Engineer: 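I came across a structure with emetine and want to understand it better.
Residue numbers start from 1 in every chain, and the chains themselves are labelled A, B, ... in the order their sequence lines are given, proteins ahead of strands. A restricted portion of the entry is shown here, and the contact count covers that portion and nothing more. Order of listing sets the numbers, starting from 1, for every ligand and every atom in it.
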Amino acid sequence: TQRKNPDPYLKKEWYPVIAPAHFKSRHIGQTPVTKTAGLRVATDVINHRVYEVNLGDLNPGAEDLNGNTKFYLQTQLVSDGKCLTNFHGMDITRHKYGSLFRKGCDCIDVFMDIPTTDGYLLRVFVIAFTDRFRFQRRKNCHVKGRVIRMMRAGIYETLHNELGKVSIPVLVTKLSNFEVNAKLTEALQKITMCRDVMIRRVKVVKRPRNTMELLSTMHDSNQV
Amino acid sequence: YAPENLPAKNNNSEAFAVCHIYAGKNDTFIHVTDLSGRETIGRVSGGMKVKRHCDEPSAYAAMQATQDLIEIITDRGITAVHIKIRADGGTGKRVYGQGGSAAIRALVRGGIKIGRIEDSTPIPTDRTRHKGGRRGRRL
Amino acid sequence: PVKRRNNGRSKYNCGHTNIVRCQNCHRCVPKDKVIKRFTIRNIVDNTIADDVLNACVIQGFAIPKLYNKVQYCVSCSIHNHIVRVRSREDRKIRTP
RNA sequence: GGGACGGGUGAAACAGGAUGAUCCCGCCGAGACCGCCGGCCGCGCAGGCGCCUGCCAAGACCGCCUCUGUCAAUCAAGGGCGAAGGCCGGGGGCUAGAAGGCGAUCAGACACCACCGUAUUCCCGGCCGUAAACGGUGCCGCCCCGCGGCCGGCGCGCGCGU
Ligand SMILES: CC[C@H]1CN2CCc3cc(OC)c(OC)cc3[C@@H]2C[C@@H]1C[C@H]1NCCc2cc(OC)c(OC)cc21
Ligand SMILES: [Mg+2]
Ligand SMILES: [Mg+2]
Ligand SMILES: [Mg+2]
Ligand SMILES: [Mg+2]
Ligand SMILES: [Mg+2]
Ligand SMILES: [Zn+2]
């Protein structure tokens with residue numbers, strides 16, 4: 001009952017994929033698509049696609065600092081034969097997450113819902129671990145409850161104050177840098193030892209239907 | 001293939017795709033996709049190259065399938081790939097089979113450049129009940 | 001008679017503990033009685049790590065690791081040589 | 001999207017596939033569950049106890065030149081709680097899975113292995129009142145070699161370290 005079919009790659013053509021201006025290397029790559037036929041149109045089918053890009057490839061250099069973070073972009077508008085994208089979410093790699101854990105320590109995980117001025121609503125996730133004091137007799141490094149609640153409250157306060165309300169471009173710049181992580185750590189380190197403190201990932205829950213002024217804002221160098 | 005049916009050439013970089021490896025306990029899958037997963041360039045499996053069921057996840061079949069796949073994709077105009085190595089997962093073994101490393105070495109020795117590598121095994125924060133019962137496979 | 005003072009488990013100041021499934025046979029075991037080991041291994045076997053690194057385009061790339069915890073039942077640990085049957089006097093030794 | 005096998009085993013064979021399967025990605029629905037941290041850690045009368053946020057009441061321990069003044073210990077009868085399975089009446093329906101069915105193995109296999117699958121597993125109200133319900137050691141009280149580890153609270157000392 002088998003049949004042979006013609007090669008479908010004889011009616012294909014590639015498009016380029018472009019990144020926002022916050023980053024140095026703005027060529028993501030290329031995507032194939034079938035040439036328009038009937039109702040199918042390439043500029044419509046390739047409209048909403050999601051590309052996972054490592055931060056160390058978007059910003060060459062700083063491999064030891066950028067190689068374990070990877071956010072993904074979504075195309076919103078096809079023009080000039082090239083596809084334009086904006087921010088869709090951020091995450092770290094799996095090996096880093098697995099490496100974070102060690103026996104004898106405590107783990108804190110927090111998430112808060114963060115709205116924006118542009119109408120995006122985001123959920124962020126923050127992870128922290130306790131560490132050992134320099135002259136600690138005992139081997140374990142657990143802590144008491146009051147310390148834990150202070151750490152959670154401080155995380156909430158810092159997140160609210162630095163990310164309480166912000167535009168997408170500013171948030172993307174902050175995430176590309178690690179200043180939010182720096183604030184989290186120096187606020188928490190004032191309470192106790194902090195082995196690691198960072199942002200696990202960012203999710204987008206709801207966004208406005210039309211993002212054209214935003215896309216035009218993200219894709220030009222000078223406005224930011 | 002006409003030139004417009006292949007990726008464009010430019011000195012800034014090369015053609016990058018991503019390969020998905022399924023290193024199972026019963027079969028091996030080698031799959032090449034675009035940067036997104038919505039298009040497929042080449043798909044081969046270890047059961048296409050052997051006659052014995054128990055040999056489908058063997059390394060030899062994986063290598064043969066990998067050579068065929070690199071031939072196809074090179075004809076289609078792809079030179080570098082990222083890697084996504086994966087096990088069965090899902091409240092399962094969570095350990096790679098024996099065909100994954102053979103696939104990787106076959107890609108490397110086929111003149112294919114390598115980008116990034118990561119684990120893609122589907123793991124949960126919560127567990128549905130697995131099979132076997134509370135006494136397990138007794139045999 | 002009684003063979004071990006711990007009765008073959010590590011259960012102190014409690015009545016019940018949560019259960020786990022053996023990774024080989026999927027038997028249900030108490031968490032305090034299951035044999036646990038932690039492993040750290042490279043995704044790529046070390047024989048071809050150099051080949052992969054040569055093929056890699058990025059500069060200064062480091063091979064990722066796998067972090068997993070293996071949990072086995074008593075029967076499966078013995079059958080797979082994870083633990084050994086010891087002498088009467090060596091049962092008290094606790095060092096690895 | 002792509003085009004020929006896939007699943008499963010010690011090895012195989014039943015169920016799936018050109019009506020496009022397996023594989024990749026995205027969205028949608030529902031119901032369970034709470035991972036790595038997680039322990040000669042801890043809480044609870046025992047049975048038992050692990051997502052975020054908030055609310056309600058409770059409890060042992062330590063510290064004290066606060067109060068009362070024997071108000072106590074243990075217990076037939078009686079009362080209350082009590083794993084899992086099971087039952088009655090209502091809800092819900094995803095995983096697994098007694099009964100049942102089917103493929104293998106065997107001399108036989110109505111069993112162990114593979115696959116499908118009903119009750120059940122989840123919630124409310126209520127019965128039942130059993131377990132290797134084990135530290136197989138009843139409760140209250142006194143004396144008692146030496147060394148060490150962990151948890152909670154308080155005090156002393158200094159060169160100020162959890
Ligand atoms: C429970 C199913 C039994 C059915 N067979 C008989 C034929 C056979 C021949 C083998 O030689 C290769 C063989 O090697 C693994 C297994 C079998 C199975 C044996 C099954 C009996 C089962 N309990 C007794 C001992 C045993 C040992 C086994 O070796 C690991 C085994 O493999 C899963 C199954 C069994
Ligand atoms: Mg056996
Ligand atoms: Mg005996
Ligand atoms: Mg008990
Ligand atoms: Mg019940
Ligand atoms: Mg008794
Ligand atoms: Zn096991």
Engineer: List all ligands or chains that belong to emetine.
Structural biologist: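 The relevant parts are ligand 1.
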Engineer: In this PDB structure, which macromolecule forms the chief contact with emetine (ligand 1), named as in the PDB entry?
Structural biologist: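 By contact count, the main one is 18S rRNA.
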Engineer: Other chains with a heavy atom closer than 4.0 Å to emetine (ligand 1): which ones?
Structural biologist: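 Those reaching under 4.0 Å with a heavy atom: B, D.
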Engineer: What source species is reported for RNA chain D in this deposit?
Structural biologist: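 The deposit lists Giardia intestinalis assemblage A.
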Engineer: I keep forgetting - what does the PDB call chain B?
Structural biologist: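 In the PDB entry, it's Ribosomal protein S14.
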Engineer: Could you help me out with the residues around emetine (ligand 1)? Anything with a heavy atom closer than 4.0 Å counts.
Structural biologist: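 Using heavy atoms under 4.0 Å, it comprises B:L139, D:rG10, D:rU105, D:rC112.
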